[PDB]
Structures are given as C-alpha cells and as structure tokens.
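The next PDB entry has 10-1074 among its components.
Chain letters run A, B, ... following the sequence lines, proteins first and then strands; every chain starts at 1. Be aware that this covers only part of the deposited structure, with contacts counted strictly within it. Both backbone and side-chain heavy atoms feed into the values below; hydrogens, waters and symmetry mates do not.
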Amino acid sequence: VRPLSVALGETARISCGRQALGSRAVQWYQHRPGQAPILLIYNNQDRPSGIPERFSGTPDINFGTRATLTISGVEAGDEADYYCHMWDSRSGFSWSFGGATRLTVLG
Amino acid sequence: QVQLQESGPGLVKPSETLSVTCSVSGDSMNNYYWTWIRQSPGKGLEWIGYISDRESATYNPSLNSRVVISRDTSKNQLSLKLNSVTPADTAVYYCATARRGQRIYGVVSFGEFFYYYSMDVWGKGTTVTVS
Amino acid sequence: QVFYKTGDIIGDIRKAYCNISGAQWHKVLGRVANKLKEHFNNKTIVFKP
Ligand SMILES: *[C@@H]1O[C@H](CO)[C@@H](O[C@@H]2O[C@H](CO)[C@@H](O[C@@H]3O[C@H](CO)[C@@H](O[C@@H]4O[C@H](CO)[C@@H](O)[C@H](O)[C@H]4NC(C)=O)[C@H](O)[C@H]3NC(C)=O)[C@H](O)[C@H]2NC(C)=O)[C@H](O)[C@H]1NC(C)=O
Ligand SMILES: *[C@@H]1O[C@H](CO)[C@@H](O[C@@H]2O[C@H](CO)[C@@H](O)[C@H](O)[C@H]2NC(C)=O)[C@H](O)[C@H]1NC(C)=O
Ligand SMILES: *[C@@H]1O[C@H](CO)[C@@H](O)[C@H](O)[C@H]1NC(C)=O
Ligand SMILES: *[C@@H]1O[C@H](CO)[C@@H](O)[C@H](O)[C@H]1NC(C)=O
C-alpha cells in the first residue's frame, strides 16, 4: 500500500489511481481498522447530513475530469486506509475496493 | 435501525463446511440486499461471495463458487457458508447491508445504464482460524 | 497513400438510434391505409416487416 499525505495546514489532494473511463460515480469512506467504518461522500454531488463543506465537489459533466479527494479538519480517524470506491461504465464491476490510500500525519 | 452481531464458531477443521451467521434487526429480506466483507488483521478487502435477497448466490469471479451460500430469514441469522475452507480465504465475515442506485447515461431500452453501489453499514464480523 | 482506420472510442460506449414521432407516424399510416383500402377494393390492409 502506497502512502501519500502532507503536513498539517495543507490539503492532501489524493487523486484516485484509477482513471475514469465513461460515466463515473465514486464512493468515499472514513475507515477504521478491524471495526465498522462509515461513508463520507458517495456521489459527485451528494453531501449527506453531518458532512461539512470542507470537501470539494466536482459535478460529473464534460467527461474528461478527474476525481480528487481533499480533506480538512484533520483528526485521528482520517489516517486509516482510504478506499476510492469507484464505478465506471466500461470497466463494469469493481470487485476490488479501489486504490487503498493511507494518510500519514506526524509533527 | 440495523444492529449487527455474529455467531460464527471461531474454529474450522480443514476442508470442512462452515456456517457463519449474522443477527440483524429492524428489516427483512426485500429492503436490503446482503453482501459480505472479507477482511483480516493486516489483510486486503474483498468480496469472496454473497447472497441476494432471492437467495441467489453471487461470488468472486476468480472464486467461481468455491463456497456455497445459504441462509435463514426467519431467525434473521443470514449465513455465509464456506465449503472446503483454506487459510487463503480466512477472513472476518462482516454482515453488510447492500443497496443499489442507478446512473443512467443513455437510452434505457438499449441497456445503457449501470448501478452505483452504495456501502452504508458494515458488520462486526467473526474470526475463524483453520487448524 | 494514407489509410484511415477506425480508432478506439473515448468515454461511454453508446448505440446509434433514430427517433420517429409518436402519433404522427400512426396518423399518416392510417391515412395511407385508407387510401390503399380505396384503391384495393375495400380490403383490410396488413403491414409486415
Ligand atoms: C431519442 O429518444 C430517446 C428516448 O426515447 C432519448 O433517450 C434519452 O436521452 C437523454 C439524453 O440523451 C437521456 O437523458 C439522461 O438522463 C439521465 C437521468 O435522467 C442523466 O443522468 C444524470 O446526468 C447528470 C449530468 O449529466 C448527473 O449529474 C446525474 O447524476 C445523472 N443521473 C441522474 C439520476 O440525474 C443524463 O445526464 C441524461 N443525458 C444527458 C445527455 O444529459 C435519457 O435517459 C434517455 N432516455 C430516456 C428514456 O429519456 C434520446 O435522447 C433521443 N435522441 C435524440 C437525438 O433526441
Ligand atoms: C485491439 O487489440 C490490440 C492488441 O490486442 C490493442 O492494442 C493494445 O492497446 C493497449 C492500450 O489501448 C496497449 O496497452 C497495448 O500494448 C496494445 N497492444 C498491442 C499488441 O499493441 C487495442 O487497444 C485493441 N483495440 C481496442 C479498441 O480495444
Ligand atoms: C426531432 O427533433 C425535432 C427538432 O429538434 C424535435 O422537435 C422533435 O421532437 C424530435 N423528435 C422526437 C421524436 O422527439
Ligand atoms: C370501402 O372503403 C372505401 C373508402 O373507405 C369506400 O369508398 C367504399 O365505398 C367502401 N366499400 C363499400 C362496399 O362500401
């Protein structure tokens, strides 16, 4: 698993390693090792209750754009292994849970 | 609300049948599809196989129905059952609710649409180690 | 001498199609059926592919 992060006060704009081919719809989760995790943003525009405005929202129009994940208000929870749960038309089912990315915070 | 609690044996003899059940409350067969999460301490994330609401069994295509899934709905102890187990497929059996939503990009009659799969609730899971 | 071949598509794969009016086609077909009935000794007109 490849780490990618940045020091505090700067947004770690991790972009999904997968490339969007065709129509896209991504799912975003706040993971926890060995326990039950939750979801943060499961669509290009969905902002469920309890989710602040810290997340950037890119509408899925004019195919060719990239799905990038940026976060703020960093805490202990976000260091867990993120999973970019993506679905695209041509590639079909994604049996893997996407590119497993982890956030490393030190200071 | 959805509550999770497993009742797995915790120990399995090699090449023997398993029955890992999960207790769920507040819902029935039709509302939630039932997938299962594969996980282990310091291991990857996968779907080895899972059951549909209509008792249809869907598996990892590389797995090709190595295990057979049956369950019980009256007890709400929906079961993922493993046949001919191995340390390769040793994983904690999260009981996961599955819901489907669809993104339509083209004419529906032609078949141009796909489901964007939502993952809301994760099971607690049980740990089984092969002897 | 250059030969232009078909390249791979980008984006979502889609099928070609042709949209024809909902009721105007049936209206015109009914009128054509009436005229054919006039010219064909008042028989029932059946279309087949
Ligand atoms: C010939 O007639 C057929 C119908 O008989 C017609 O097919 C219809 O074509 C339109 C456009 O090509 C399709 O409209 C699509 O509708 C979906 C949802 O309704 C949209 O999906 C959303 O897209 C937005 C951004 O684009 C996204 O944010 C959102 O998440 C998506 N999902 C939802 C739930 O909103 C598509 O974007 C939209 N397509 C376009 C190009 O905008 C219809 O789905 C087709 N089918 C039907 C039954 O209407 C066809 O266009 C006609 N051809 C001509 C040349 O007129
Ligand atoms: C038709 O087949 C050829 C070869 O099987 C494909 O060419 C490959 O294209 C991918 C990327 O598009 C490259 O990574 C491979 O190295 C190519 N292979 C070779 C042997 O050159 C071609 O893409 C296929 N066409 C379509 C539309 O899928
Ligand atoms: C075809 O295009 C014309 C003009 O763009 C439009 O008025 C008509 O409704 C279209 N046909 C159908 C079946 O929608
Ligand atoms: C058959 O139909 C035509 C047109 O509708 C009409 O003119 C003709 O009189 C009909 N035949 C008879 C025997 O009435």
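All copies of 10-1074 taken together correspond to chains A and B. The largest share of close contacts with 10-1074 comes from the chain named in the PDB entry as CRF01_AE T/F100 HIV-1 gp120. Taking 4.5 Å as the distance limit, the heavy-atom pair count with chain C is highest among the chains of 10-1074 for chain B. The non-hydrogen contacts of 10-1074 with chain C, all under 4.5 Å, involve C:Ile9, C:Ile10, C:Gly11, C:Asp12, C:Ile13, C:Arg14, C:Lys15, C:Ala16, C:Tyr17. With a non-hydrogen distance cut-off of 4.5 Å, residues of 10-1074 touching chain C are A:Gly22, A:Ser23, A:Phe63, A:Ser89, A:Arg90, B:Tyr105, B:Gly106, B:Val107, B:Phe110, B:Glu112.
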